Amino acid sequence: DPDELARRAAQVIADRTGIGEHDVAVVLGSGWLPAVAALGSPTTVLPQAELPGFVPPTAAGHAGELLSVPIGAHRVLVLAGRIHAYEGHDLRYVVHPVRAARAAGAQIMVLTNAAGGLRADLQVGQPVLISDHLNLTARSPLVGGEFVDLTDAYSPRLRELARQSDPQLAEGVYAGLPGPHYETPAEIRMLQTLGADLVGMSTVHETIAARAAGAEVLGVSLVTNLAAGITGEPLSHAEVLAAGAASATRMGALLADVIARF
Amino acid sequence: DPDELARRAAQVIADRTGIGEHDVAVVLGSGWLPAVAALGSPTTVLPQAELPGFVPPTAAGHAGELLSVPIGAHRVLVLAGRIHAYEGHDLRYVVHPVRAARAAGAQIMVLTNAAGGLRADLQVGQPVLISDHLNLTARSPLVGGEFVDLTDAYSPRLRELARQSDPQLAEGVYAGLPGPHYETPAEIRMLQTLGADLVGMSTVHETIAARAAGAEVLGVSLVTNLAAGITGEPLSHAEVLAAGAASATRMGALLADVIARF
Amino acid sequence: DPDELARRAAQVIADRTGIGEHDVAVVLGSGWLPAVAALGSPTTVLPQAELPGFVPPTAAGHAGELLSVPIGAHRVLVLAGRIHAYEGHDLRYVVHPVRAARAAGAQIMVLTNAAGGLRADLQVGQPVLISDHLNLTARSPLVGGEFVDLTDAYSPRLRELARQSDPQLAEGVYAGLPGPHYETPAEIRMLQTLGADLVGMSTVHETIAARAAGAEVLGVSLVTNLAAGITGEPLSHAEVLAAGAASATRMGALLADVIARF
Ligand SMILES: Nc1nc2c(ncn2COCCO)c(=O)[nH]1
Ligand SMILES: Nc1nc2c(ncn2COCCO)c(=O)[nH]1
Ligand SMILES: Nc1nc2c(ncn2COCCO)c(=O)[nH]1
């Protein structure tokens, strides 16, 4: 039972952080690990790996951390590192950190990801609010008849708040694909056709789980690269890995500024 | 294997219903269940849990009811209560009633479901014949080289008959997505770009299992709401649930009227 | 370790063929099996079932061979037969042959398949190079975190060399779907909107795994029919299974000529 397990993770978070409630949670995955530092000074860091339901049984590699970051009166549960459906994990493990954070008190989930830009405009290193997603994984983390409306899955209010801190923030539609391979240029063209501005390999399940749980979601993509076939050149690994890192800098700090608006 | 379990279920069904052939099956999906009551004069009802292979090893709720009913010159195997793929279940379980049906004599499977309407001119509470589908599940109920052709998977003949019963019947293309979450508006715009008129969370696999097994299929969606982002206002749990307790005697009258024409 | 298993496999190839490296692998599946004898005299033939990682206990039928054929400058591993996701095998097993091939020295994989033609200039019996693919399986043979750019997944250079042998060779984007059911005509319309020229039931994962493993890939579809709804007439397990076994000599000879240009 995932809510039951989320409640244990949440008890342990409370126990280990000494903080009984955590009213915002921020998942920083690929491309966004620069963002961690920059959310602000953690009072507790712990390994996610320790936590009930967290870093998956089968494959145990080395998860990231759960930081407890006060931002004013908001106690931010920072999830530095996430697991991905592409790693083989049953989606309940994939969304468990989100569900744990809910149980730990998160009103709002800030879900971040590394994305390829599908769009004209888009610059490498550009943060892009997610206005909506395409779930192109053919899955849901919801099992049974949990029929969650995904209208305004990425809170307009939270996009408004974020633009209060950076009025020049774009938004775009994120296509969530399983990965972990990057996309073909034909898949990219397809995704342009399907209505996506961004493409990536996470997030959609987390949002769904977050929304199912009642949490408001702020989604932020970092364009780590223009998607395949957009420029005419192959993808640069160093660019995907590093070109957005000062962005993820910038953004964690911007982050802290937006959470403070919550 | 699945086919042998389907024939075992069929034997138990013939035994327990006293009916050697049920030349029609009806699967009563979300929002169609109340329609059972207006179907005719069933002569056996048995809990589906009674039947070999009906209840999956994984989840256990309260399985539905299997009704044997004469309608016109047909014996109709009515499945009230179904399992869904979104409940976690191997598809062999999701299509088993259809396979058990065909093994029990079924030549025509009447597959009903609840759909978001993707054309803003479909009326909430109006049935729509499925003229075709988009299997967006990335799954098939068929295993190994079962290379079934799905041209006219939804028999034009049956839709023609259905329309003699009710010539105000729309037809349209149904996108089968896994569920159980509803679609984002962005997914809805994609679905429209993809040529879908209806969207739901079932049927596709049963259609495919039915065509494989050589049964013809009449698919009928109840538009229980306009899909996400169509209205410019969020979906409402309040409509999706009642949308066909209201259509109930009318849907069961339609069903019985169309089956009689078969 | 998939890669270790590949390695285990490649040492048998070396050992049973007596040749330390096969610089080209060809995967013959559906529609291309008859072409094998026309490729050349094999210096060795081993059943696939004898190699580590290759074929099942659960479901056992009767499996392909692996041939070692010199072709032009090349020592070619011929994989006669493949297994398919639609048979239900973990993808690690589906792409093991290619990974084994790559481990055996294959830096070029020629992946052949049978496809529905969606594009107006294609005809039944035509070989079509695969220019790009749409992976519509919602799966990936990659797990965890290799960085795999699928830009030029189907090497333009291999395509241009092939065309030095038969410049006749058309090319198209291949949509790789789960199978084993064929597509509904609405699905084919969608695929066309998605930019697919060809549709089939294999290849994409074997590509990905070849690309991740550092091989270039030439894809060859045999158009074994038009896609569903193109002719307004059903589809064929065996106008598919060989509207190209009509042309064994030519298909083997096409392959041998193309490979000689590499
Ligand atoms: N799928 C995909 N992911 C990317 C790309 N660039 C960076 N990432 C990071 O992983 C995907 C997370 O949403 C890209 O072009 N495509
Ligand atoms: N997938 C999907 N299913 C719907 C929609 N409206 C009604 N249904 C079916 O709801 C009953 C449970 O699936 C919709 O908009 N999308
Ligand atoms: N998916 C798909 N595969 C095809 C089609 N035609 C030939 N093939 C290849 O068939 C795979 C099973 O033989 C088609 O129209 N669709």
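Chain letters correspond, in order, to the sequence lines: A, then B, then on. All chain A residue numbers match the PDB entry; in order, they span 7-268. Numbering of chain B is taken from the PDB entry, so the residues present carry the numbers 7-268, in order. Chain C is numbered as in the PDB entry; the shown residues are, in order, 7-268. Just so you know, these numbers use all the heavy atoms, side chains as well, and skip hydrogens, waters and symmetry mates. The header says X-ray crystallography, 2.1 Å. Whatever order the structure lists them in is the order used to number ligands and atoms, beginning at 1.
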Student: From the list avibactam, riluzole, adefovir, aciclovir, LdT, give the drug seen at ligand 1.
Tutor: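 The correct choice is aciclovir.
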Student: So, counting contacts under 4.5 Å, which chain has the most with aciclovir (ligand 1)? Name it the way UniProt does.
Tutor: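 The largest contact count goes to Purine nucleoside phosphorylase.
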Student: Identify all other chains that place a heavy atom less than 4.0 Å from aciclovir (ligand 1).
Tutor: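 Non-hydrogen contacts: A.
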Student: Is the closest N or O pair between A:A233 and aciclovir (ligand 1) shorter than 3.5 Å?
Tutor: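 No - when backbone and side-chain N and O of A:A233 are compared with those of aciclovir (ligand 1), no distance drops under 3.5 Å.
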Student: Return the residue, atom name and 0.1 Å-rounded distance of the protein heavy atom closest to atom 16 (N) of aciclovir (ligand 1).
Tutor: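 Its nearest protein heavy-atom neighbour is A:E189 OE2, 2.9 Å.
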Student: Identify the protein heavy atom lying closest to atom 4 (C) of aciclovir (ligand 1), giving its residue, its atom name and the separation to 0.1 Å.
Tutor: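 Residue, atom and distance for the closest contact: A:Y188 CE2, 3.1 Å.
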Student: Check each heavy atom of A:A120 against aciclovir (ligand 1) and say whether those closer than 4.0 Å belong to the side chain, the backbone, both or neither.
Tutor: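 Both backbone and side chain.
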Student: Answer with side chain, backbone, both or neither: which part of A:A121 has a heavy atom less than 4.0 angstrom from an atom of aciclovir (ligand 1)?
Tutor: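 Backbone only.
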Student: Nearest protein heavy-atom contact for atom 15 (O) of aciclovir (ligand 1): which residue, which atom, what distance?
Tutor: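 Here the nearest protein heavy atom works out to A:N231 ND2, 2.6 Å.
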Student: Evaluating non-hydrogen atoms only, which member of A:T230, A:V205, A:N119 is closest to atom 7 (C) of aciclovir (ligand 1)?
Tutor: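 Considering heavy atoms of A:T230, A:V205, A:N119, the nearest to atom 7 (C) of aciclovir (ligand 1) sits in A:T230.
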Student: Give the residues of chain A annotated by UniProt as phosphate-binding that have any non-hydrogen atom less than 4.0 Å from aciclovir (ligand 1).
Tutor: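 Among UniProt's phosphate binders, a heavy atom under 4.0 Å is found in A:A120, A:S208.
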Student: Can you list the aciclovir (ligand 1) atoms lying under 4.0 Å from a non-hydrogen atom of A:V246?
Tutor: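 The atoms of aciclovir (ligand 1) under 4.0 Å from a heavy atom of A:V246 are 7 (C).
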Student: Does A:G185 have a heavy atom less than 4.0 Å from any atom of aciclovir (ligand 1)?
Tutor: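 So A:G185 does not count as touching aciclovir (ligand 1).
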Student: State which residues of chain A, listed by UniProt as binding purine D-ribonucleoside, have a non-hydrogen atom closer than 4.0 Å to aciclovir (ligand 1).
Tutor: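 Per UniProt, the ones with a heavy atom under 4.0 Å: A:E189, A:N231.
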Student: Run the numbers for me: atoms of aciclovir (ligand 1), each under 4.0 Å from some heavy atom of A:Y180, listed by number.
Tutor: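 Selected atoms, number and element: 12 (C), 13 (O).
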Student: Which nucleotides or residues of neighbouring chains are within 4.0 Å of aciclovir (ligand 1) (non-hydrogen atoms)?
Tutor: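 By heavy-atom distance, those residues are A:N119, A:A120, A:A121, A:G122, A:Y180, A:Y188, A:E189, A:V205, A:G206, A:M207, A:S208, A:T230, A:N231, A:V246.
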